[PDB]
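Read through the structure below, which is laid out as structure tokens, and then see the notes.
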Amino acid sequence: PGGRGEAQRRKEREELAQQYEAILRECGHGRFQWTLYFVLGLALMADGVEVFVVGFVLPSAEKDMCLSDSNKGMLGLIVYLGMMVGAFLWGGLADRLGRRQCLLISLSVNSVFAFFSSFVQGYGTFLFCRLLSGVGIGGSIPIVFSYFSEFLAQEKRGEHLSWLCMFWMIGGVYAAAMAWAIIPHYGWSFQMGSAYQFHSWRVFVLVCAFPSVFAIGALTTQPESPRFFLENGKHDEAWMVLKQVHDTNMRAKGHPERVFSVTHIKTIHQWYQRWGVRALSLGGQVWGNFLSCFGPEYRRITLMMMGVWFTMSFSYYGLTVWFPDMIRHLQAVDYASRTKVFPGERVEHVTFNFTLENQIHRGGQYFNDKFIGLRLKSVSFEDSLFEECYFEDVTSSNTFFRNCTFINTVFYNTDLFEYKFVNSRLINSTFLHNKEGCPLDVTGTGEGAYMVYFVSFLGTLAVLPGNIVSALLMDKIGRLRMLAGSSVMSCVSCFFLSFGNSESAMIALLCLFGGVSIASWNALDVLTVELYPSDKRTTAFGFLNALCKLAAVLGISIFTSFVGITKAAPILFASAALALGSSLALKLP
Amino acid sequence: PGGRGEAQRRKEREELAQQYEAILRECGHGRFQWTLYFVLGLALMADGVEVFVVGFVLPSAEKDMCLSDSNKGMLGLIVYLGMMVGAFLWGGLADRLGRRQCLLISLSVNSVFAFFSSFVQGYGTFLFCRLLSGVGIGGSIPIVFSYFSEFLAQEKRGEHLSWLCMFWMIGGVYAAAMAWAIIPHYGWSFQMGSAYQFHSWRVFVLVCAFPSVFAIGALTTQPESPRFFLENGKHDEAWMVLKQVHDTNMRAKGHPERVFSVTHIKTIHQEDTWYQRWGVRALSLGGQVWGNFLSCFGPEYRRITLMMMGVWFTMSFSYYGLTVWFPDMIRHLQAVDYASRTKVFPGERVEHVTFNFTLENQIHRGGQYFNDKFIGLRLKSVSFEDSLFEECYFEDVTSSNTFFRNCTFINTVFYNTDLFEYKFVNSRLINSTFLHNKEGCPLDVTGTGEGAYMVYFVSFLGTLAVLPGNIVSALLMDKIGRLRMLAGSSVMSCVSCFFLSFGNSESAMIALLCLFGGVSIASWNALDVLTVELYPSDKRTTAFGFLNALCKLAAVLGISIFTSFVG
Ligand SMILES: CCC[C@@H]1CC(=O)N([C@@H](CC)C(N)=O)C1
Ligand SMILES: CCC[C@@H]1CC(=O)N([C@@H](CC)C(N)=O)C1
């Protein structure tokens, strides 16, 4: 009856899955599948570029648009919730709208909103644009892995999906290289002037938007996954795509290129008035799929998969957010440690045309001597007085004056504002030709992370070959122990993250550990891909990735709620969870 | 007959080996084997901590222990000589005393004399105490490999003899981390009733001995390997041990012990004054051990023994590197980092000003105070050389990390300060008034190699990061088979371009250490697994310990010849 009807139904589902796998291994493995791998790797490169941007290059935005210190955590948190909701929504949509269609829509949204963020001024608009780029990038992996799976035979599935993390890593490397090239240096970016405004921040975002636009440009050529066509009652285009597959694979290598007759013979043998209605129907289909993800068939497998994904989330956070946060903190303490105090600049009426930086005066006194050529770069005076020391066309940078006076001294073209100069004595302290207005200070602490960007660049670049080694190596272990190796990797990652106290040592160790961590993530990704049915592969993958992102953003929330004094408690929680989940959460079919 | 008898013994060697490997294959695996692996790995943890101590920590700290100029460099060489003779002696002795007995006595020597070294004063006595500690610990790796391999089947040896490296590096990590935790800190050794204030590295040496104590306390449950019992010529105890381990391991899997226990009874049927007594025992055992070792150089094993000695020479420059080469560059990098971090302080004093600011790392030279007097001024890290201070009256001022040389004062009275004549070596005692002053016993050790304060941290991360590059390397060279050379070459080329890509800071040396120690020690494990399978158990431990002693000699002579050539 109904129960036996469903029994024969999923029996035929298994039969057709076997038949599709037979068709796939009949087509082969050649140029077409590697071209598709390169295109989906461009997509993963875009995803990695946005991950790097959000996790690494957030602290450079207070030089513009008046970014407050308390709202950086809010920006990161809301972008991670954007990635979460995007991953969940696009994963749910793909299995009832298309793997290529949803991937194209997500990449178009990401590219358009990244471009818009590159051309917005107010902080609110930039935050909104990054939030809506979050959904576009979060929708990538659940519709890249689960869409490249159906184009690969069983024997080559795990081996060739294990190499998709290399493109994520090279995307991180590309983003770091652009950051190092154009954010610090003023020779690569310049202000247009009257026609437009261009700081190194905008050019950085605009150039980081490029991998996404190339991915969407190259994604058009590849066709929709045949399995989706087969499941959605669409037969002719399935024949078309499979014919494209074997011909492209077999033109280079494969004797049957001469004639495909018998095999293709077997292949053919096998506006709210409607927009609102279709949106509601799509929502109903996605809700049905998500609810059936917790049915009697997958009541326990999905739960164990959740546990194994939670196992991984405490290394993804450490590599993506914890590492650059720690590097930034260490660079901050280093730049606080470095000092340059000038007691005075007394000279016998000799002009000083030389340029100096980091001038700080502590109780310095001037005997009413006029000095020409003084430079104010990274200058933070304290308890200092000036006597007729005015200079024409003086350049001001990082001017933070407090408890200091400038009696009978007038400066031109300075970044000083009313709020910058408070609680200090002043008489006739009026500055002419002042550049008052929107704060656009050059070298205004946005150039203070040059070493941070260089460290991130070389760390990721060196992770890349270690990642090559680890990815080439992990495929040797049997599939029953790749996730055990993942748990071991996470345990070692946490056992280090409980020990973070140095700069160069942390660079080297987190770099040589990025290889094993990233090579080990794809083992879990492959395990998630193979197990779930092709109808529910993308929902389940997106749902588990959404819980990985939820764990990451909850770690971010606690870390930003209590920072500095308490950092290692989440790592203790991580190690305890790893120990608890390595005992009985490895009985996965 | 003689010739017929020796021919029969040689031809029955294969039969007895087949019988014992069949017994091992039929006994089971999963509980006893893993508990044995854990206990013997915790015993190898002691060798790891000892080798780390002697390599990285021991040669530097000499000031508190009252060592001489040449002894400060000779200490490591002498400790390696002691570990040499210890490895040779215990490897030879383990083939006549037994498996567990020699391991127990070797770890007991390690524990007792490490404690005695932690509680000793005087350079010669400490030198001899660490010599005997090295003697005790040298024969800990050959005995552990032999005793552990006598409990595993022919195919199953690799997947445990490869993972003993896990505990070796766990020991390295523990020793390095614990050194980094204790060596800088001073309050871990708070004790009352004694005037002597020893440095905190005494507690470090004391806590390095705890792995040996834990191994001794855990080795009592594990019985001696039955293969030694069979080779000696006694059966009942061997059958006891075999049946007990089978009963212990029956819980893990399904083993039909009903008939398997029967054949272990008769497997041997086909496989055949008090101090004066102790002296006779000792001389007889020494002669028998010498003859047993001389049998290895006999033509029955000549070619393989010579090839093995050759590969032990070849596979030892990695040990030399990881022991002496990389610590030199690491400590030089740390020292130059500290030098760059500090700045020159020729003198910042100003007349008739409230110069109450605190200055760190006072390295003033020629900046004599011109009758400068200040009140409530704090001085830290005071180090003056031929500098005369006039009218410097400070009361209730605390100083630390102050060392003097060629120092002098003019009308300077110090109260509650750390200044003392202990650091006044080759310095004038002019105006050294110390009335109404707190005791100023200065610190030591850190004066020798001042840049080695957090070198233990970079060593700890090196030894820790060897692991993530260690499991992967072990699987790579354990599974692929005949493509190991190509895989290793590719990984080394990638690591070399990795190292060149590190052109930002002094992280390239840590990365090189980690990613080359991983491959080096994977290759070491390959060599060990190769050594254990070839030699028979009667001549296994003695041969492997002799090879280990030869490796120690290669390392010592290498450091000596590079000292002669370099510089
Ligand atoms: C986004 C949260 C972790 C992601 C999950 C996922 O699928 N990841 C891939 C990226 C190609 C990997 N590095 O294996 C890491
Ligand atoms: C660089 C030092 C190499 C050591 C020497 C040695 O004997 N090693 C074995 C035995 C546990 C290993 N870790 O496999 C590694």
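Alphabetical chain letters, starting from A, follow the order of the sequence lines given. Following the PDB entry, chain A shows residues 133-402, 416-734, kept in their order. Chain B uses the PDB entry numbers throughout; the residues present, in order, are 133-404, 415-709. Heavy-atom basis, side chains included; hydrogens, waters and symmetry copies ignored. Atoms within each ligand, like the ligands themselves, are counted from 1 in listed order. Going by what the header records, the deposited coordinates were determined by electron microscopy, 3.4 Å.
- At ligand 1, the drug present is brivaracetam.
- Counting heavy-atom pairs under 4.5 Å, the chain with the largest count for brivaracetam (ligand 1) is, by its name in the PDB entry, Synaptic vesicle glycoprotein 2A.
- The letters of other chains with a heavy atom under 4.0 Å from brivaracetam (ligand 1) are A.
- In UniProt's N-terminal ordering, chain A has a heavy atom under 4.0 Å from brivaracetam (ligand 1) in these transmembrane segments: 1, 4, 5, 7, 10, 11.
- Organism for chain A, as given in the entry: Homo sapiens.
- The shell of residues around brivaracetam (ligand 1) (heavy atoms under 4.0 Å) is A/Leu176, A/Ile273, A/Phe277, A/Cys297, A/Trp300, A/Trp454, A/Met457, A/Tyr461, A/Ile663, A/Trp666, A/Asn667, A/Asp670, A/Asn690, A/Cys693, A/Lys694.
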